[PDB]
Participant: 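I'd like to ask some things about the structure below.
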Amino acid sequence: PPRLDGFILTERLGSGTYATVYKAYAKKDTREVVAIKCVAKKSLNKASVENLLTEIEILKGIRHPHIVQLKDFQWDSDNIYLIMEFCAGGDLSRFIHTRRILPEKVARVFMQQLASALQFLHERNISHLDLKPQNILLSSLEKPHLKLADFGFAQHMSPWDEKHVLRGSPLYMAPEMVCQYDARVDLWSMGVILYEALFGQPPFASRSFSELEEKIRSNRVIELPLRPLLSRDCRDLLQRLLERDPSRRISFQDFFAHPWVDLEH
Ligand SMILES: N#CCNC(=O)c1ccc(-c2ccnc(Nc3ccc(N4CCOCC4)cc3)n2)cc1
């Protein structure tokens with residue numbers, strides 16, 4: 001791994017074609033623990049100092065209990081270092097899948113954590129995410145707080161081959177997205193995540209890509225499986241997140257004031 005002025009790099013947590021994320025203990029503090037994303041400068045489309053630091057200022061100001069904090073930004077001769085809040089529970093995708101499903105009560109707590117993050121971000125006109133359980137992390141396994149993460153560093157630290165890099169998971173992408181579309185795609189995504197939490201797999205889970213495409217392009221309303229049976233409110237919310245016509249899909253205003261979501265926790 002890389003040696004850094006302020007931290008000791010322990011386990012590998014993540015790997016990309018270009019980046020690597022290590023866990024880290026602060027040197028002279030040790031109880032202080034971070035996740036550090038490392039990216040070689042050679043992999044990046046070079047950028048203004050103005051523009052990059054401007055973007056880092058903006059990311060560091062995106063501070064919410066259910067968003068992974070960018071704590072600091074460092075660099076050396078070879079790399080950049082995005083120093084993040086460490087989430088010790090791992091990703092929401094393992095969490096669901098190793099438990100098969102989450103019961104409605106737990107799903108609910110999680111959705112209100114994720115919605116409170118999304119409302120905050122919506123207020124700031126931040127949107128068009130790649131929301132999925134793999135980019136959502138857990139503060140711990142003990143009574144976990146979910147944390148939205150950005151697994152794809154972008155904008156002024158984008159790579160040279162940005163126009164040849166494929167973006168989105170299609171199991172979480174709003175169909176209008178995969179085929180002109182506003183931030184209401186994020187509400188679709190929330191729907192997929194809720195559905196995956198209650199039923200164990202995204203609505204469009206599939207053996208193959210043609211199978212997947214079929215489902216994305218279909219006009220069938222999404223059928224909720226029979227079990228578990230869920231409260232009338234949960235089912236209302238979920239049906240209205242998973243509406244294909246974005247015009248017909250729930251508003252952000254309605255999502256945030258929706259009874260099942262509370263937002264009077
Ligand atoms: N390169 C690349 C692609 N990955 C990321 O961008 C990425 C990965 C991890 C984190 C991150 C941030 C904060 N905390 C953590 N915690 C974390 C803890 C455990 C695990 N896993 C434990 C189980 O095995 C898989 C790793 C993953 C993340 N990760 C942020 C971005």
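Position 1 is the first residue of the sequence, and the numbers go up from there. Atom set for the values below is all heavy atoms of this structure, side chains included, hydrogens, waters and symmetry mates excluded. Both counts, for ligands and for their atoms, begin at 1 and track the order of listing. The way this entry was determined, per its header, is X-ray crystallography, 2.5 Å.
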Participant: Which compound, picking from momelotinib, gemcitabine triphosphate, toremifene, calcipotriol, sits at ligand 1?
Facilitator: momelotinib
Participant: Report, by its name in UniProt, the chain making the most contacts with momelotinib (ligand 1).
Facilitator: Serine/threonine-protein kinase ULK3
Participant: Which residues of other chains have a non-hydrogen atom closer than 4.0 Å to momelotinib (ligand 1)?
Facilitator: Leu13, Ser15, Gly16, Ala19, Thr20, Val21, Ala35, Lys37, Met84, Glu85, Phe86, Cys87, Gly90, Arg94, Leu137, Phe151
Participant: Number the atoms of momelotinib (ligand 1) from 1 as they appear, then name those within less than 4.0 Å of a heavy atom of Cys87, with their elements.
Facilitator: 13 (C), 14 (N), 15 (C), 16 (N), 17 (C), 18 (C)
Participant: Name the UniProt domain of chain A that holds most residues touching momelotinib (ligand 1).
Facilitator: Protein kinase
Participant: Checking the N or O distance criterion of under 3.5 Å, is momelotinib (ligand 1) in contact with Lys37?
Facilitator: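 Yes, there is a polar N/O contact under 3.5 Å.
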Participant: Under a 4.0 angstrom heavy-atom cut-off, which atoms of momelotinib (ligand 1) come close to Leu137?
Facilitator: 11 (C), 12 (C), 13 (C), 14 (N), 15 (C), 29 (N)
Participant: Would you find the UniProt active-site residue of chain A that's nearest to momelotinib (ligand 1) and tell me the heavy-atom distance to 1 Å?
Facilitator: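 Using non-hydrogen atoms, the nearest UniProt active-site residue is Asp130, 10 Å.
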Participant: What atoms of momelotinib (ligand 1) come within less than 4.0 Å of a heavy atom belonging to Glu85?
Facilitator: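 Every atom of momelotinib (ligand 1) under 4.0 Å from some heavy atom of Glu85: 13 (C), 14 (N).
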